J.: 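Structure in structure tokens, see below.
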Amino acid sequence: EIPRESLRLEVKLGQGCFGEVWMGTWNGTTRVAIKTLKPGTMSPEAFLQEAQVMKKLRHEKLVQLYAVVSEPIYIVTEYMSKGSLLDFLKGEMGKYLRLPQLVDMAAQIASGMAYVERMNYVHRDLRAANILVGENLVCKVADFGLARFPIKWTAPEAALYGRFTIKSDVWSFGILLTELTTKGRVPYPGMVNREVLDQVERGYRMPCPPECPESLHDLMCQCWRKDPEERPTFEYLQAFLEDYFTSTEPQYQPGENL
Ligand SMILES: C=CC(=O)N1CCC[C@@H](n2nc(-c3ccc(Oc4ccccc4)cc3)c3c(N)ncnc32)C1
């Protein structure tokens, strides 16, 4: 799956903490997004044993990996039009995104994470910046396999005792639910990365966002339960969001924000 580094990048989509991501072409006609990884902790060997990212991790709502170079890498994947969900919520599209759209995008994310769950895999960092948005509201999970930081998204079990499991990503899915229902705003508004750990251990949970039904805030608190194994399945989360406007909020009327 290793092609050589003679397919070159055109447009730089953005810069992040660990490497760059570019927009380019592959074999002359395929439009392709290429994530570069600078000399951070490039596991030129333990990175190529990452043959599972690409094997049977092919799902509708997972970003389809195409190829990898074996120096600095260029993870070759599909090109998602609207970029990251975080920008799509902050941007101009936020003005017209309502709850039915936000809950559909949450259902898609749960679907792809339900696939990662069925495959007994773990995605150690799930948030709105690691989810890509195409057109017609297609969300896909990206950035799943990086082991080698967002404390406001990580479950308390995994920040203090390194216990990352699929239930740990349920926790951040709940935090991600707040990003959808606040149009990209930063969780625990007003607090800092260590002020958050004191409050979560003491029992503090984020209140109900404005205009958001408590039906959906209760689903966050199920994802924010102290005991990991009592947090809901991604199978349950997917079905819950898929049926939401029929089994849970049939009296929902579209407001001015949600
Ligand atoms: C400036 C705001 C905005 O939108 N951003 C911010 C700047 C970067 C932009 N970015 N990155 C990717 C991408 C492409 C391939 C990839 O390999 C995987 C790594 C781990 C797991 C799965 C794949 C990782 C990320 C990417 C992409 N497809 N499509 C659009 N934008 C992307 C999004």
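We number each residue from 1, following the sequence as shown. Order of listing sets the numbers, starting from 1, for every ligand and every atom in it. Atoms considered below: every heavy atom in the structure, side chains included; atoms not considered: hydrogens, waters and symmetry mates.
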J.: Which chain is the largest contributor of contacts with ligand 1 here, and what is it called in the PDB entry?
T.: Proto-oncogene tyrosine-protein kinase Src
J.: Of the candidates ibrutinib, ragaglitazar, monepantel, belumosudil, which one shows up at ligand 1?
T.: ibrutinib
J.: Of all UniProt domains in chain A, which one holds the largest number of residues in contact with ibrutinib?
T.: Protein kinase
J.: Quick check: what organism does the entry name for chain A?
T.: Gallus gallus
J.: Which residues, listed by UniProt as ATP-binding in chain A, lie less than 4.0 Å from ibrutinib by heavy-atom distance?
T.: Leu13, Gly14, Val21, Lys35
J.: Would you look at chain A and tell me which UniProt active-site residue is nearest ibrutinib? The heavy-atom distance to 1 Å is enough.
T.: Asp125, 9 Å
J.: Can you check which residues touch ibrutinib if I set the heavy-atom cut-off to 4.0 Å?
T.: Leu13, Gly14, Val21, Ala33, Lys35, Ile75, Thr77, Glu78, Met80, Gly83, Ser84, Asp87, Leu132, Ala142, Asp143, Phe144
